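Among the contents of this structure: 1-deoxynojirimycin.
The PDB entry numbering applies to chain A: residues 7-329, in that order. All values below come from the heavy atoms of this structure, side chains included, with hydrogens, waters and symmetry mates left out. Remember, it's 1-based here, ligands and their atoms both numbered in the order they're listed.
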Amino acid sequence: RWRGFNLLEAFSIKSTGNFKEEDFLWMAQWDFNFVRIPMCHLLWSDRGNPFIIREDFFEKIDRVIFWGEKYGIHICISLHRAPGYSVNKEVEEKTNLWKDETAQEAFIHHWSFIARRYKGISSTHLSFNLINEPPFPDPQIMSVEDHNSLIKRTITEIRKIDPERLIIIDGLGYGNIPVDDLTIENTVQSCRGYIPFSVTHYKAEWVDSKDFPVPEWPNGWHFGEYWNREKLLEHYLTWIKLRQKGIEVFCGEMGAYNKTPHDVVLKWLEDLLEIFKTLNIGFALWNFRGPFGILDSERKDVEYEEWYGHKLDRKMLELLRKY
Ligand SMILES: OC[C@H]1NC[C@H](O)[C@@H](O)[C@@H]1O
C-alpha cells in the first residue's frame, strides 16, 4: 500500500525542477514509500506550440527516479498541466484537451516521449498518472466518453512503447468520482481526500472560499452538504467497489490548508486515516514541505519541532505514520 506525499518542484511555470534529495531521505526514514510528482508541461513545452519538448528538462526527473530507487520510494509521474487542461489557473489553456483533436495529439506526444525515456524502469519503481483532476463530465466540456476514449487511446500508445507500464487514472469530478467503464489491466484509479472543503480549504485563495463556514469536525461542510466520519466511510466504500472489477484504488492527494485550526485538522485527518486503514486505501499528502504538508506549513497554532532548518508538525507526522 502506497503511503507518502506529492512533491511540487515541477508543479508551476515558475518551478525550478530541482527536487531535494533530503525529502526522499527523510520520508524513507519515517517509513513512507511513495511520491507523486505533479508536473507542468510548460516547463519543457510552450503555450503557443504544445508539441515542443525540451528534453534537457527531464535530466531533473531522472534524478527523482534515481532517488526513488535509492530510498525505496515509488515514483508516480503526473501531468498536472498538459496541452489543453489544468486545474491550475496560473495559465489559462486556450484549447480543451477533452474535445480538441490537436490537444489530444499533443497530449499523446508528450506521454509517448516520457514512456520511451523510462521504458527500462519497472512499474515497481515508476507509474504514470495521465492527467490530474478531470472535471465533472458536463458533455459541453468533457463527456464521460470524451474522457474514457482519450485515456484508453493514451494508454494504448504508452503500452505499445512499454507494455507493462502501470497507469494511474484520476477520478472525475476533480478526482472524486470513480470511472465506471475503465476496467483496464494494470491500472489504479485515484481519489481525493479534501472532503470537506470547510476544513481542508478554509481561506484558500485559489477557490471561492469566502462563504465557507468556520471549520469544525465532525459536521464539516462541503459544497452545501455536511460531513462526518460515517459519510466519509460511505464515500470511499463506493471507491473500493472498483476492486470487484480488478481495479485498485488509492488517494492521490489529501490534506488541509494552513489557516484551519490545528485541533480541527488533526481530528479530521485522524478520521480520514482510520477509514483509509480500514479499507486499505493508500494515500499521498498534498505537500511534504508546504502549506498542506508536515514541514514548513506556517501554521500559527503549532509547536513546531526543529528539523534540520525546517519546521516539523510532529503530531501530523505521527498520525500519518500510525495509519
Ligand atoms: O492537483 C493539485 C490541486 N488539487 C486541488 C487543490 O484544491 C489544490 O490546492 C491543488 O493545487
### Query
Which parts of the structure correspond to 1-deoxynojirimycin, copies included?
ligand 1
### Query
What does the PDB entry call the chain that holds 1-deoxynojirimycin with the greatest number of close contacts?
Endoglucanase
### Message
Test your reading of the structure: does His86 have an N or O sitting under 3.5 Å from an N or O of 1-deoxynojirimycin?
### Response
yes
### Query
Tell me, which protein residue and heavy-atom name are nearest atom 11 (O) of 1-deoxynojirimycin, and how many Å apart are they?
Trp292 CZ2, 3.6 Å
### Query
Starting from atom 9 (O) of 1-deoxynojirimycin, which protein heavy atom do you reach first, and at what distance in Å?
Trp212 NE1, 3.1 Å
### Query
Which atoms from 1-deoxynojirimycin have a heavy atom of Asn138 less than 4.0 Å away?
1 (O)
### Task
Using a 4.0 Å heavy-atom threshold (strictly under), name the region of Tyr263 that reaches 1-deoxynojirimycin: side chain, backbone, both or neither.
neither
#### Entry: Origin organism of chain A per PDB
Thermotoga maritima (strain ATCC 43589 / MSB8 / DSM 3109 / JCM 10099)
#### Entry: Closest protein heavy atom to atom 1 (O) of 1-deoxynojirimycin, given as residue, atom name and distance to 0.1 Å
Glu259 OE2, 2.6 Å
### Message
Tell me the protein heavy atom at minimum distance from atom 7 (O) of 1-deoxynojirimycin, and give that distance in Å.
### Response
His207 NE2, 2.5 Å
### 1-deoxynojirimycin-proximal atoms of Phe17, by part, heavy-atom distance under 4.0 Å
side chain
### Query
With a cut-off of 4.0 Å on heavy-atom distances, which residues and nucleotides contact 1-deoxynojirimycin?
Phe17, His86, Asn138, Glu139, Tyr200, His207, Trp212, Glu259, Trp292
Could you list each nitrogen or oxygen of 1-deoxynojirimycin that sits under 3.5 Å from a protein nitrogen or oxygen, with the atom names and the distance?
unit_1	atom_1	unit_2	atom_2	d
1-deoxynojirimycin	1 (O)	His86	NE2	2.8
1-deoxynojirimycin	1 (O)	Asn138	OD1	3.1
1-deoxynojirimycin	1 (O)	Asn138	ND2	3.0
1-deoxynojirimycin	1 (O)	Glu139	OE1	3.1
1-deoxynojirimycin	1 (O)	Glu259	OE1	3.3
1-deoxynojirimycin	1 (O)	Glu259	OE2	2.6
1-deoxynojirimycin	4 (N)	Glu139	OE1	3.0
1-deoxynojirimycin	4 (N)	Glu139	OE2	3.1
1-deoxynojirimycin	4 (N)	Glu259	OE1	2.8
1-deoxynojirimycin	7 (O)	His207	NE2	2.5
1-deoxynojirimycin	7 (O)	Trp212	NE1	3.2
1-deoxynojirimycin	9 (O)	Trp212	NE1	3.1

